[PDB]
Chemist: 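Model shown: Lanosterol 14-alpha demethylase + fluconazole.
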Amino acid sequence: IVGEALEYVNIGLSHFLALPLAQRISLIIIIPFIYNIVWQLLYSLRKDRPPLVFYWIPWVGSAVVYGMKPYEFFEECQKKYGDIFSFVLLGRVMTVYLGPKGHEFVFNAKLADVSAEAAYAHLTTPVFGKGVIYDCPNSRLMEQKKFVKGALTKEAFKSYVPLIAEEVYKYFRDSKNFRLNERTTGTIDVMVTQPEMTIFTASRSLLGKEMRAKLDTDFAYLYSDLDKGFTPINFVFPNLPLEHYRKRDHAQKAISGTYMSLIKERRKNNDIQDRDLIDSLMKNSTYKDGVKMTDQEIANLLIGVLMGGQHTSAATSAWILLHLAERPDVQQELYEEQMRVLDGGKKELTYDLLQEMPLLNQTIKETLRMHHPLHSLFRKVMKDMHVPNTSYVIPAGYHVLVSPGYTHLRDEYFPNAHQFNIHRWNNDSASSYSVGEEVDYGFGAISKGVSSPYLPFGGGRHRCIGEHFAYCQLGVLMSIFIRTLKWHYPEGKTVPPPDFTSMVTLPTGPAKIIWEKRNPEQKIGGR
Ligand code: HEM
Ligand SMILES: OC(Cn1cncn1)(Cn1cncn1)c1ccc(F)cc1F
């Protein structure tokens, strides 16, 4: 009888609760372990679900292999399952869609279907501050992107180029890593030099002279603290009572506090011009519903834009130098282009002349092909999504993962994809280019289609707005490096593997190059 069965359930329940504590703990471990395996096996027959990568440890999932070797992971998954597959990652289910159709599925996904801010808020909000970027609705982000873009005009770039050039020269002159007036050769770690050059140049141009001057003080130490909070660990542990987390928060307060002081000081003196992004945001930061950004939110947006731009550009800078260190042929070819465009060095570098340097820009383009600083972009799925031409349905609660950087490294789309060749971009040296219909999400007309196999800057509503600033900064920086120095690897060394575990895919350190002055007698003037 079924009556007597229900009795033995209750009996079994009471015997269960009365087990020796060791077997209880063991059952605490074995039961969800067994349940997990059984759940996957069952999930398999679901043909309205993409294949799920098998994993042994519950919650953890494929985190370790994804965390350490994401492209090798994607490649293995791809030839087993094809272009669409899911995997468990630290409690989340990630649905990957590789290739151009994946680019379309995720970057062009409707606003109602996916949320970037739900994916990233816990990473970024504690670092940047409240009320901006991912700590706000999408419509607010769109307009923040529009506000920042107002300091990213052609006219702005024309003024930034000599400021950036000045900083590069000052760095060559003053940094312990160079001191070109005293040394004709030396060794550097590019993961030391490039983050420093990147912060000095980006500060001077986007933040202005005051904020640049601050980096000549121990205030510079706060950026390091803030920098240390920008880490994937925030995806698991956003806030922990350690000193790492307190130094982060303290820095965000002191740094935004500093920006606010400058802001309120400019407003008090009515000293608001068109010098920098701070000026720009002081004059142009009213949303379409008439609500103004607070001084705090302005400062916080400044932090995030600068920090995001910081890591992508520094990493890219580092890779350019690293690839060129074993390619004296490319160094030579870039140098000839410098001599031609700048009339033997007699012409001062300008933003317009930068545009007349196709090989230089192709080098940047090719470096971003081989080293997309962001190997995975995420969205949280908010409504059930049907996968076109499939029976797959991606349920709300899932995350979608797109990886243009993976496609960058596929021979199908880039022959001999693991060879560095700037000439694969001959007569195709633009940072990117819309060549079909365009669309405006709030921050300017951008390409409607996002099916290009090359997407260093993403696409759709979350597309990068720093692409031309990045080319301007990298361009000026590399133009001066090329014209000033040659460099090569220490004996036996080559391009290092990427460190896929940090927030951007930095080179594994220490990554050293040996530089030498092209003109040992050349001196850099100024104080
Ligand atoms: C080589 C350098 C850079 C690369 C490769 C890059 C790449 C990207 C990518 C792939 C995205 C899309 C992220 C997503 O879909 O989730 C993005 C978004 C964005 N980037 Fe960049 N970026 C670079 C430099 C910069 C710079 C210099 C700035 C600021 C001056 C910047 C600011 C932004 C902003 C404001 C967004 C929008 C985020 C959103 O809408 O959710 N980036 N970038
Ligand atoms: O897209 C990022 C955030 N992110 C996503 N994965 C890793 N970091 C990075 N980024 C893109 N360009 C520059 N940085 C971002 C976007 C906007 C922003 F203001 C900061 C920021 F970190």
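Along the sequence shown, residues carry numbers from 1. Side-chain atoms are counted along with the backbone in the values below, which use heavy atoms only and exclude waters and symmetry mates. Per the header: X-ray crystallography, 2.0 Å. Just so you know, ligand 1 is whichever comes first in the structure, and atom 1 is the first atom listed for that ligand.
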Chemist: So, about fluconazole - where is that in the structure, copies and all?
Modeler: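 Counting all copies, it's at ligand 2.
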Chemist: In fluconazole (ligand 2), which numbered atoms sit nearer than 4.0 Å to a non-hydrogen atom of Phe230?
Modeler: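 Listed by number with element, the hits are 8 (N), 22 (F).
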Chemist: Under 4.0 Å from atom 2 (C) of fluconazole (ligand 2), do we find at least one protein heavy atom?
Modeler: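 Protein heavy atom within 4.0 Å of atom 2 (C) of fluconazole (ligand 2): absent.
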Chemist: Please report which non-hydrogen protein atom sits nearest to atom 16 (C) of fluconazole (ligand 2), along with the residue it belongs to and the distance in Å to one decimal place.
Modeler: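 Here the nearest protein heavy atom works out to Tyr134 OH, 4.0 Å.
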Chemist: What residue and heavy atom of the protein are closest to atom 9 (C) of fluconazole (ligand 2), and at what distance?
Modeler: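 I find the closest protein heavy atom is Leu374 CD1, 4.0 Å.
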Chemist: Is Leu377 close to fluconazole (ligand 2), meaning an N/O of one under 3.5 Å from an N/O of the other?
Modeler: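 In fact, backbone or side chain, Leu377 has no N or O that close.
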Chemist: Short list, please: which atoms of fluconazole (ligand 2) are under 4.0 Å from a heavy atom of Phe128?
Modeler: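 Once the distances to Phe128 are compared, the set is 20 (C), 22 (F).
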Chemist: Strictly less than 4.0 Å: does any protein heavy-atom distance to atom 5 (C) of fluconazole (ligand 2) fall in that range?
Modeler: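 Yes, there is a protein heavy atom closer to it than 4.0 Å.
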Chemist: Using a 4.0 Å cutoff against the non-hydrogen atoms of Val305, which atoms of fluconazole (ligand 2) qualify?
Modeler: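 Here the atoms of fluconazole (ligand 2) in question are 19 (F).
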Chemist: Can you pull out the closest protein heavy atom to atom 12 (N) of fluconazole (ligand 2)? Residue, atom name and distance to 0.1 Å, please.
Modeler: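 Result for atom 12 (N) of fluconazole (ligand 2): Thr312 CG2, 4.0 Å.
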Chemist: What do you reckon, does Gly309 put a non-hydrogen atom under 4.0 Å from fluconazole (ligand 2)?
Modeler: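 Yes, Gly309 has a heavy atom closer than 4.0 Å to fluconazole (ligand 2).
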Chemist: Would you check for a covalent tether on fluconazole (ligand 2) and tell me the residue and atom?
Modeler: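 Covalent bond: none.
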Chemist: Where the closest heavy atom to atom 13 (C) of fluconazole (ligand 2) is concerned, which of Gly308, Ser376, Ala116, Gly304 has it?
Modeler: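 Looking at heavy atoms only, the winner is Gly308.
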Chemist: Enumerate the atoms of fluconazole (ligand 2) whose separation from the nearest heavy atom of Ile133 is less than 4.0 angstrom.
Modeler: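 Those of fluconazole (ligand 2) that fall under 4.0 Å from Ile133 are 19 (F).
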Chemist: Suppose we measure from atom 7 (C) of fluconazole (ligand 2) to each protein heavy atom; which comes out shortest, and what is that distance?
Modeler: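 Scanning the protein heavy atoms, the shortest distance from atom 7 (C) of fluconazole (ligand 2) goes to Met503 CE, 3.3 Å.
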Chemist: Is it true that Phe378 lies under 4.0 Å from fluconazole (ligand 2), counting heavy atoms only?
Modeler: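 In this structure, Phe378 fails to qualify as a contact of fluconazole (ligand 2) - no heavy atom is under 4.0 Å.
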Chemist: Yes or no: does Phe457 have any heavy atom under 4.0 Å from an atom of fluconazole (ligand 2)?
Modeler: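 It does not; every heavy atom stays at 4.0 Å or beyond.
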Chemist: Define the binding site of fluconazole (ligand 2) at 4.0 Å using heavy atoms, by chain and number.
Modeler: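 Heavy atoms within 4.0 Å: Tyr120, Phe128, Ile133, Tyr134, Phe230, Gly304, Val305, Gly308, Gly309, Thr312, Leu374, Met503.
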